[PDB]
Amino acid sequence: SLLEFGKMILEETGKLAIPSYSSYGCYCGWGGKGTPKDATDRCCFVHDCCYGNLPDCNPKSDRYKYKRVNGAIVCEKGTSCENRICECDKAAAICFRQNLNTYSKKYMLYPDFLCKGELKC
Ligand SMILES: COc1ccc2c(c1)c(CC(=O)O)c(C)n2C(=O)c1ccc(Cl)cc1
């Protein structure tokens, strides 16, 4: 679920999901179109695509379970949707962590009109 994903992001990066990753670039918090602005935004594009692989799951509300194994995120067995949603969120959180070195506050609250065209998953 959104809140869990937010906590996972905080644990991983030390940044609050909202507002650090809720309105970032073209795809974080509201993706849809355009070329991702940077690596972090690309994390969101892929996460969007990942959720898109699950048209009959409900990532915003469905809660999954995960544990920490010496820092590593391990998605624990739930329903198929929960397992897949967890792996999507896990990837995004790790991707955010791996790209903190280029994260730019200038992309927070990025305007929609600067995101043009469709980029295929
Ligand atoms: C390819 O791009 C997508 C597609 C679907 C998406 C998202 C991004 C995000 C992105 C986000 O909030 O990070 C959410 C939440 N989507 C959904 O969950 C969703 C769930 C159920 C149905 Cl039936 C349809 C869509």
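Each residue takes its place number in the sequence, starting with 1. Note that these values count all heavy atoms, side chains included, but never hydrogens, waters or copies made by symmetry. Both ligands and their constituent atoms are indexed starting at 1 by order of listing.
Selecting from indometacin, vonoprazan, ipratropium, rucaparib, midazolam, the compound at ligand 1 turns out to be indometacin. In this PDB structure, the PDB entry names the chief binding partner of indometacin as Phospholipase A2 VRV-PL-VIIIa. Note that atom 10 (C) of indometacin has protein non-hydrogen atoms nearby, at separations under 4.0 angstrom. There is no protein heavy atom less than 4.0 angstrom from atom 25 (C) of indometacin. As recorded in the PDB, the organism behind chain A is Daboia russelli pulchella. An N or O contact shorter than 3.5 Å links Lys60 to indometacin by distance. Listed by number with element, the atoms of indometacin under 4.0 angstrom from any heavy atom of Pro59 are 18 (O), 20 (C). Distance check for atom 19 (C) of indometacin: every protein heavy atom is found at 4.0 Å or beyond.
Atom 14 (C) of indometacin has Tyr51 CD2, 3.6 Å as its closest protein atom, hydrogens excluded (heavy atom only). Under a 4.0 angstrom heavy-atom cut-off, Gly31 registers as lying outside contact with indometacin.
Less than 4.0 angstrom separates atom 5 (C) of indometacin from none of the non-hydrogen atoms of the protein. Heavy-atom distances between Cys57 and indometacin reach below 4.0 Å in at least one pair. Site of indometacin with heavy atoms closer than 4.0 Å: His47, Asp48, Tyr51, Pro55, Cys57, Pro59, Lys60.
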Quick check on indometacin: any N or O pairs to the protein under 3.5 Å? One line per pair.
unit_1      : atom_1 : unit_2 : atom_2 : d
indometacin : 2 (O)  : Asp48  : O      : 3.3
indometacin : 12 (O) : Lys60  : NZ     : 2.9

